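Entry featuring vaborbactam (bound form).
Numbering of chain A is taken from the PDB entry, so the residues present carry the numbers 23-57, 59-252, 254-294, in order. Each ligand, and each atom within it, is numbered from 1 in the order the structure gives. For this deposited structure, the header notes the method as X-ray crystallography, 1.0 Å.
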Amino acid sequence: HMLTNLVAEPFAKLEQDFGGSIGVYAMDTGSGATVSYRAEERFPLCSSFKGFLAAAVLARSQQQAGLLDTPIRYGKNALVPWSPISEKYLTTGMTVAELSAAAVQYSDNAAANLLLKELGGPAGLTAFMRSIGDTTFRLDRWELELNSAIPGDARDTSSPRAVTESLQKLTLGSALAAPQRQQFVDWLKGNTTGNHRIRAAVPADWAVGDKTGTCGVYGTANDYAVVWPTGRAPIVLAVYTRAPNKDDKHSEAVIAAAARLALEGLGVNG
Ligand SMILES: *[B@@]1([O])O[C]([C]C([O])=O)[C][C][C]1[N]C(=O)[C]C1=[C][C]=[C]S1
């Protein structure tokens, strides 16, 4: 309450220029100060669910020490459009860890569906999120159906706030054991798909891990990140967008701009 939105930022103008809705939640983990705009509205997860998927796999690996190095062979029928890594290993298979890294760092769709199967499907990932205290997250469908981003549909959505809170628990808090936590962080740090989103607002000399999503319809795209500014506590943040019309375009620039406003609202010099 008292530390939320101490400094107002022009999010409304930004989303109006975009032609849609922007949802932002950012927390300074040192002071507890927050920036919050549409933070409790639901937005489609799109590929951003794959970060939480990889965390759920790591949590399972705490009870199954051989899980991450298990080899997984798959057929051509497992390939889904946008499977840039797993298509190169169709004839060989990949380990669970490799599928997880591919899902996080390349948004690989086939990898994500294979790992969902390992966890018992969308309800199994939802159950993992409930287990860390996230009551907002829901995954309902598989790739590619979960990308429909229909206005008003709560399937396959969360809120910026719940995403940020869960990300904090998994990357900085105690939801994962220490080895698994650092592996999750390392996967996020190695992401390749986010250079034009939150990372574009973050100085190059700060560490950052992130996970993106792009539904392909309804102007719907997103990014969440942990950011380590030097000399102060980390910042966790989530930026989600959507728009009213199916043919509306997403904007990476709008995501980067919203992330800049969030950092400015927290008084984090960048
Ligand atoms: B996912 O929602 O988003 C990925 C891109 C990202 O992480 O920002 C691509 C795979 C998933 N999306 C789709 O399959 C539909 C597409 C949208 C743009 C390229 S593919």
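Within the model, the positions assigned to vaborbactam (bound form), copies included, correspond to ligand 1.
In this PDB structure, the PDB entry names the chief binding partner of vaborbactam (bound form, ligand 1) as Carbapenem-hydrolyzing beta-lactamase KPC. The residues of other chains having a heavy atom under 4.0 Å from vaborbactam (bound form, ligand 1) are listed as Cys69, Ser70, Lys73, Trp105, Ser130, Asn132, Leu167, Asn170, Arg220, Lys234, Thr235, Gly236, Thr237, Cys238.
Looking only at heavy atoms of the protein, atom 5 (C) of vaborbactam (bound form, ligand 1) is closest to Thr237 OG1, 3.8 Å. Heavy-atom contacts of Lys73 reach the following atoms of vaborbactam (bound form, ligand 1): 1 (B), 10 (C), 11 (C) (cutoff under 4.0 Å).
Here's the thing with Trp105: none of its N/O atoms is less than 3.5 angstrom from an N/O atom of vaborbactam (bound form, ligand 1). Annotation for vaborbactam (bound form, ligand 1): atoms under 4.0 Å from non-hydrogen atoms of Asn170 are 2 (O), 13 (C), 14 (O).
Under a 4.0 Å criterion applied to the non-hydrogen atoms of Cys238, vaborbactam (bound form, ligand 1) contributes the atoms 15 (C).
Between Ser70 and vaborbactam (bound form, ligand 1), at least one N/O pair is under 3.5 Å apart. Set against the non-hydrogen atoms of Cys69, the atoms of vaborbactam (bound form, ligand 1) under 4.0 Å away are 2 (O).
Scanning all protein heavy atoms for the shortest distance to atom 6 (C) of vaborbactam (bound form, ligand 1) gives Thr235 OG1, 3.3 Å.
The nearest UniProt-listed active-site residue of chain A with respect to vaborbactam (bound form, ligand 1), heavy-atom distance given to 1 Å, is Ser70, 1 Å. Closest to atom 14 (O) of vaborbactam (bound form, ligand 1), if we only count protein heavy atoms, is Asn132 ND2, 3.1 Å. Covalent attachment: vaborbactam (bound form, ligand 1) to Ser70 OG. Between vaborbactam (bound form, ligand 1) and the UniProt beta-lactam-binding residues of chain A, heavy-atom distances under 4.0 Å are seen for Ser70, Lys73, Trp105, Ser130, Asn132, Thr235, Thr237. In summary, the atoms of vaborbactam (bound form, ligand 1) found under 4.0 Å from a heavy atom of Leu167, numbered by their order in the structure, are 14 (O). Atoms of vaborbactam (bound form, ligand 1) found under 4.0 Å from any heavy atom of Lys234, numbered from 1 in the order shown, are 7 (O).
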Starting from the N and O atoms of vaborbactam (bound form, ligand 1), find every protein N or O within less than 3.5 Å and list the pair with its distance.
| residue | atom | partner | partner atom | Å |
| --- | --- | --- | --- | --- |
| vaborbactam (bound form, ligand 1) | 2 (O) | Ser70 | N | 2.7 |
| vaborbactam (bound form, ligand 1) | 2 (O) | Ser70 | OG | 2.4 |
| vaborbactam (bound form, ligand 1) | 2 (O) | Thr237 | N | 3.3 |
| vaborbactam (bound form, ligand 1) | 2 (O) | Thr237 | O | 2.8 |
| vaborbactam (bound form, ligand 1) | 3 (O) | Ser70 | OG | 2.5 |
| vaborbactam (bound form, ligand 1) | 3 (O) | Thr237 | N | 3.1 |
| vaborbactam (bound form, ligand 1) | 3 (O) | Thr237 | O | 3.3 |
| vaborbactam (bound form, ligand 1) | 7 (O) | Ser130 | OG | 2.6 |
| vaborbactam (bound form, ligand 1) | 7 (O) | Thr235 | O | 3.3 |
| vaborbactam (bound form, ligand 1) | 7 (O) | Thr235 | OG1 | 2.6 |
| vaborbactam (bound form, ligand 1) | 8 (O) | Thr235 | OG1 | 3.1 |
| vaborbactam (bound form, ligand 1) | 8 (O) | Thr237 | N | 3.4 |
| vaborbactam (bound form, ligand 1) | 8 (O) | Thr237 | OG1 | 2.7 |
| vaborbactam (bound form, ligand 1) | 12 (N) | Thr237 | O | 3.1 |
| vaborbactam (bound form, ligand 1) | 14 (O) | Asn132 | ND2 | 3.1 |

